[PDB]
Asker: 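Dihydrofolate reductase, DHFR, bound to CB3717 - let me ask you about this one.
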Amino acid sequence: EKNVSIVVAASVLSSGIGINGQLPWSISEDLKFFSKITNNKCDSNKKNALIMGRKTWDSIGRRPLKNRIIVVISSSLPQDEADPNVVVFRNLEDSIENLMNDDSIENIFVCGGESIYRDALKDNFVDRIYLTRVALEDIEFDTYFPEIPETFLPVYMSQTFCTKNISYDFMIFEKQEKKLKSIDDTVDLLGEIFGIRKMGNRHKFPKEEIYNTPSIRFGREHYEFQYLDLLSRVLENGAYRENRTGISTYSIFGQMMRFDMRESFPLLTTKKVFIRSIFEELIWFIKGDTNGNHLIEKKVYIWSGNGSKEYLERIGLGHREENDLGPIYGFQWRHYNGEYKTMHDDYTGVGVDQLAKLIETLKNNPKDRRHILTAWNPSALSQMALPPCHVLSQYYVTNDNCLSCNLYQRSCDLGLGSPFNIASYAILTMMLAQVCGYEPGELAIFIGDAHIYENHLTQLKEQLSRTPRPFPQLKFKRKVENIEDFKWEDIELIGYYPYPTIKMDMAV
Amino acid sequence: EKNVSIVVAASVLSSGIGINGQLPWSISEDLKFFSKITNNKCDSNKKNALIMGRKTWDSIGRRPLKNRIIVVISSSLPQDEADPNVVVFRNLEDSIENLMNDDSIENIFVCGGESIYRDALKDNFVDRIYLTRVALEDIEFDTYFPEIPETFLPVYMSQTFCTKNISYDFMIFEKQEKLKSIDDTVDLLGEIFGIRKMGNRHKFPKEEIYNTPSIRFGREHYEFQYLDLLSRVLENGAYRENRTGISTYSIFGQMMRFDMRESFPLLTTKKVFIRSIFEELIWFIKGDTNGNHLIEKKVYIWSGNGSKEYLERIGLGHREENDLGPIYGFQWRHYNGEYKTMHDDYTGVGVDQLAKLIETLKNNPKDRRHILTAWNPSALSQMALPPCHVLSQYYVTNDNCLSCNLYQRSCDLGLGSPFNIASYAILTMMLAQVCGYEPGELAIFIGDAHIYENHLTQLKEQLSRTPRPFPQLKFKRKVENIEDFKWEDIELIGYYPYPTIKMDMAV
Ligand SMILES: NC(=O)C1=CN([C@@H]2O[C@H](COP(=O)(O)OP(=O)(O)OC[C@H]3O[C@@H](n4cnc5c(N)ncnc54)[C@H](OP(=O)(O)O)[C@@H]3O)[C@@H](O)[C@H]2O)C=CC1
Ligand SMILES: NC(=O)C1=CN([C@@H]2O[C@H](COP(=O)(O)OP(=O)(O)OC[C@H]3O[C@@H](n4cnc5c(N)ncnc54)[C@H](OP(=O)(O)O)[C@@H]3O)[C@@H](O)[C@H]2O)C=CC1
Ligand SMILES: C#CCN(Cc1ccc2[nH]c(N)nc(=O)c2c1)c1ccc(C(=O)N[C@@H](CCC(=O)O)C(=O)O)cc1
Ligand SMILES: C#CCN(Cc1ccc2[nH]c(N)nc(=O)c2c1)c1ccc(C(=O)N[C@H](CCC(=O)O)C(=O)O)cc1
Ligand SMILES: Nc1nc(=O)c2c([nH]1)NCC(CNc1ccc(C(=O)N[C@@H](CCC(=O)O)C(=O)O)cc1)=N2
Ligand SMILES: Nc1nc(=O)c2c([nH]1)NCC(CNc1ccc(C(=O)N[C@@H](CCC(=O)O)C(=O)O)cc1)=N2
Ligand SMILES: O=c1ccn([C@H]2C[C@H](O)[C@@H](COP(=O)(O)O)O2)c(=O)[nH]1
Ligand SMILES: O=c1ccn([C@H]2C[C@H](O)[C@@H](COP(=O)(O)O)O2)c(=O)[nH]1
C-alpha cells in the first residue's frame, strides 16, 4: 500500500492557483519546497511519481523533473518510451495503479491542475495535502484549487514567511480514519489524589471546544497561536474576579507569547485589527505627548474613556482638563521623573529622555545588557489617568544584527488590549531598528494578570472558531533620520487579509 | 506475557524502605498512590495481583487488600485454600504463573520486601518501577530497596509534594530493548529557510547536554525549569563579550515556573547557600545599601562590586568602600529618594514601595497593580551596579495564595539565577505570612539569559546529576513587621543536594 498526497499553492482567500497558464506569483522557496517534499523518499532504489494535468505539463515546459517520474493525464498523447521518466495515461482512475505495480515507486503526489485536483479529491484518491497559502489576493485567477472536503483536517501550520514582500504559509491536511499510558495514568491518578495541590491541575490543558483548530496538535507553529492559545488557557483556568471597572474577568497570572518579526508582522488575522490607531498612539508616545485631544483629532478614540471629565473626577483628578491624561507612557518615555503640570506646558529638557538614550545606546553599545525603557514611576502613579500596564521593555541586539524586544505587561486585557500591544511593540522595535541600522528580530511578551472581561466571552469564542491566516508584512516607505518623524503615510501594510472585525466594549 | 511493575517508597539518598517491620514515615498520600496504582486496570472482570514477602504480609495486618489478590511468597506459610483473595507460593519463579493464567489477573505488581525486590530484579522479572522518593535521611533503616539496574531508565519525575513537612516525589522507570509526516516537513522547511525560520534560532538541545535525557514527556520536576533553560542556552547561546573580561553565551527572552505551595525551589543539583541569600534579602528589605553590614555577617557576594578598585573604575571612587549607592534596598524603601552616602538617615525620604505593597496586598488583594520596581533612570549613575532583577509583580489567588512574577534584564545562569529563585521564593513567603496568605507560584522572566564562558565545565557537571525532590522552607514564628525576620526564624527541611560546585563571579 502506498501514499498519495496533493501538493499545491493557492491564494489565501479565493484559492487561486494560476493565471494564463502561469503561477500568479514567483516564490523560490515555494518551488524549493515543492522539490524537497516531492523528492522525499527513503528507498534509494525507488522513485516518486508526480501526476499532473496536461496543461500543467505545458507550464512545466514539458521537460522532466530530476529523480522523479512525471505522469501526464491526457486524452491525446503518445505512450512511447522516448523518455523513461515520463508516462501518459488516458484518465486519472487508471493513472492510479502505481500501487498495483512498480515496487520501484515509493510515494505518489498529485501536482495537479485544477481539473486533476478536483478529481483526485472527488474519487477519494488522495490521503494527504501539502498546501502553501499565499497572501496574494487581489489579482486575476482563472484556475482555483478545489474546496477541501470535510474529510480532511489540518495538522500543521508553519510560521509566516516572506519573499518579495509576499507572505505565505505551509499547511498539511489528512483524512480521518477509524478507531505510553504509564505516564498519563500515573499523572492522572496523582492528580486525583492531590487536587489543586498539584500545580498541573492549576494549569489544565484547554478543552477542545475552546481550543482553536483542535486538529492541529503537534503542528501549532503559526505564532498567532501564541495569542489564541493564551485565550484558551484562561478560558479554561481563568478564575472569576471583580475589579475597579465593575466588569469582572477570568484571570490567570504569569503567561508568555513570542512572535517573529524577521519574516512577518504580528498583526492578528483572526479578527480585523485597526492599525491606524496603534501607530498613531505610538508616535504619540514617542513624542512624549500626553494630550488626548491630539489623538481624538486624528479620529482615534482609544483614550477617550480614561480621559472623560467624570472618570478623572471619579479617580480624584477632577482638576484636569477634559483630556489631560497626566504623566503617562509618553511623558515617562521622554521625561522620566519630570515634574508634571498640565499637558499644555513645555517639557523640553525636563526629566530623563530614555528613548533618546535607548537609541544612542543601541547604536554605540549594542551588546550592552541595559537597553531598558520603563514607564513605572512610583512618584507619579497618582497623577496618571491610569497606571502603566505594559510596564517595562528590554531591547537586545543579536550577533546577526537584529533587534529583539521583551516587554513585561502587568495587566493585559486579552480581547482589546493585547492585540494592540503586540502590534505596537512590534512597530516600535522596527522603528528602533531602522533608526539604529538593524533588522527586526523577535518579540516576546511576558504577562502578569492575563484576563478576559466577561462581556467579551461570546466574541472571543467567535474568534476562536476562525483558523488563522498568514501574517501580513509591514514596511517603511522611507528611511527617516529621527524616530519622532514617522508618519502614517510612511507605513505600508502588505497582504493583510483578516477575518471580520469583532465588536468589543472596553471597560472604563 | 503480562505486565509486571514494582511499587516502592524509599528514602532519597540511602534507599531506606523499612524499620523494625514497619514503614519509616507516615505519608497518607503515598498509600493512596499505592492503592490507586495497584488498583488501576482495564477489564472489570479481571483483577491485579500484588506479590509480597511474608514479613510485608505481616506488617500489612495479614488481611486482604480490597479488589485485588495478594500473593505471599513464603517457605513456611500454610498453602491452605481458605481466602480466595490471598494465595501463597514457595518461591518467586513459581508465582509467575500469574503470567500464564488467571487471565482473571490483568496486571502484576511486586510490592516487595527487600528480599523480594532484590529477586524480582535479579531475575529480569520487572518491566517497570514506580518509585516514591521520600526526603527523609538521618534516621534508622534496616531494610532497603535494591539499586536500580542499568537496564532501567527514568521516564517521569513528578513535582515535589509535601506531607507533614516531608518532601517527596514520584518517579517511573522503564526497561530497555533494542508521524514523521509533520516532522519531515519542518526539517525540509528548515533546510530551505535556515536562520530565517524562527525554529532554527531555538533549536532543541542535543541530548549530550540535556539533563536526564530519558525523561522526555515527564520532566515535571521544576528543577527542570532551570536545568533546561541552562541547556537551552548551551545549544543556542550566541558567543558575546561584555563589560567584564569574561565573554558569555546568551539568548534573549526566557522564562521559568516554580510551585511554592508544596515545596521551596532551592536547587538540588548543586548545593545552594541559602543563608547568604536570606541575609541579602532582609538587607534589601531594610533599605540598607551598606556593603559592610553584609561583609559583617560573612556574606561577600557584594564585595566584588564594592571594592575601591571597582568604584574607581566606574567613576565612583569619590565614596567610601562598600557604599554601593541607591541600589536595590534604597529603591525598595526610598524610591526617588536623594541619595547621599550609606550613612545618612533616609527616614521619610522617597516613596516606600515595600510598605505600599503590603498595604495593597492586604487592603486590596484583587488589585492588578501590586508592583515593586528598582529601575530608576535618574539613579542609575550612582549605583555600583544597575539593577538586574529589575521589577516584580505580586498576585493574590482566589484561594488565598500569593504568587510572584519577576523580570531579570540580565541573568547569570550559573551564579545569579539560583540565588534569584530562592531569594524571591523567600520574599514571597514573607509577604504572604505578613499579609496572611499562603505561598503560590513563582515565575521568572528573563532578558539576557547567559552563561559565562568560565562556567561551562562546571554547569555540564551540574547537568550530569539527576534532580532530587525540593526541600521545604518554614518560618519558626509569625513576625510583626516584615523586617523582623531573622536567620534563626528560618527552617530548611529535607534539603539533600549534590556537592557544591565552585564558580567564579565576573567583576
Ligand atoms: N499553484 C499550484 O500549486 C499549481 C498550479 N497549477 C496551475 O494550474 C493550471 C493548470 O490547471 P488545469 O487547467 O486543470 O490543467 P491541468 O494541468 O489540470 O490539465 C488538464 C488536462 O489533463 C488532461 N485530463 C484532465 N482530465 C482528464 C481526464 N479525466 N481524462 C483524461 N485526461 C484528462 C486533459 O488533457 P488532454 O486534453 O491532453 O487529454 C486536460 O486538458 C496552470 O495554470 C498551472 O499553472 C498547476 C499545478 C500546481
Ligand atoms: N517501603 C516499602 O515500599 C516497603 C517496605 N517494606 C519493608 O520491608 C521489610 C520486609 O522486608 P524483608 O525483611 O526482606 O522481608 P520480606 O517481606 O521480603 O519477606 C521475607 C520472607 O519471605 C519468604 N521468602 C523470601 N525469599 C524467599 C525465597 N527465596 N524462598 C522462599 N521463601 C522466601 C521467607 O519467609 P519464610 O520465612 O516463611 O520462608 C522470608 O522470611 C519490612 O520492614 C517492611 O516494612 C516492605 C514492603 C514495602
Ligand atoms: C492595549 C492598548 C491600547 N488601548 C489603551 C487601553 C486603555 C484602557 C484599557 N482598559 C481596559 N480595561 N482594557 C484595555 O485593553 C484598555 C486599553 C486600547 C484601548 C481601547 C481599545 C479598543 O477598544 N479597541 C477596539 C478598537 C476600536 C477602533 O480602533 O475603532 C478594538 O476592537 O480593538 C484598544 C486598545
Ligand atoms: C544573583 C545574586 C546574588 N549575587 C550578587 C552578584 C553580584 C554580581 C554578579 N556578577 C556576575 N557576573 N554574576 C553574578 O551571579 C553576580 C551576582 C551573588 C554573588 C555571588 C554568588 C556566589 O559566588 N555564590 C557562591 C559562591 C559564594 C559562596 O560560597 O557563598 C556559589 O559558588 O554559588 C552568588 C550570588
Ligand atoms: N506547493 C506547490 N507549489 C507549486 O508551485 C506547485 C505545486 N505545488 N505543484 C505543481 C506545480 C506545477 N508547476 C510547477 C512548476 C515548477 C516546478 C519545478 O520547477 N520543480 C522543480 C523545481 C526545482 C527547484 O525549484 O528547486 C523540482 O525540482 O521539483 C514544479 C511544478 N506547482
Ligand atoms: N510506594 C509504596 N509505598 C509503600 O509504603 C509501600 C509500597 N509502595 N509497597 C508495599 C508496601 C508494604 N506496606 C504496605 C502497607 C500498607 C498497605 C495498605 O494498607 N494499602 C492499602 C492502602 C489504602 C489507602 O491507604 O488508601 C491499599 O488499599 O492498598 C500496603 C502496603 N508499602
Ligand atoms: O496597554 C494597555 C492598557 C491597559 N490594558 C488593560 C489591562 C486591564 O484590563 C486594564 C487596566 O486596568 P488595571 O489592571 O490597572 O486595573 O486595561 C492593557 O491590556 N494594555
Ligand atoms: O541578582 C543578580 C545580580 C547580578 N547577576 C549577574 C548578571 C550578570 O552576570 C552580572 C551583571 O551583568 P550586567 O548585565 O550588569 O553587565 O551579574 C545576576 O545574575 N543576578
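A, B, C, ... go to the sequence lines in the order they are written. Here chain A follows the PDB entry, giving residues 3-181, 193-521 in order. Chain B residue numbers are taken from the PDB entry; in order, the displayed residues are 3-180, 193-521. Just the heavy atoms: all of them, side chains too, but no hydrogens, waters or symmetry mates, feed the values below. Remember, it's 1-based here, ligands and their atoms both numbered in the order they're listed. Structure method, as recorded: X-ray crystallography, 2.7 Å.
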Asker: Provide the full list of ligands or chains belonging to CB3717.
Answerer: ligands 3 and 4
Asker: Report the chain letters of other chains having a non-hydrogen atom under 4.0 Å from CB3717 (ligand 4).
Answerer: B
Asker: List the residues forming the binding site of CB3717 (ligand 4), heavy atoms under 4.0 Å.
Answerer: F287(B), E294(B), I315(B), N319(B), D426(B), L429(B), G430(B), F433(B), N434(B), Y466(B), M519(B), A520(B)
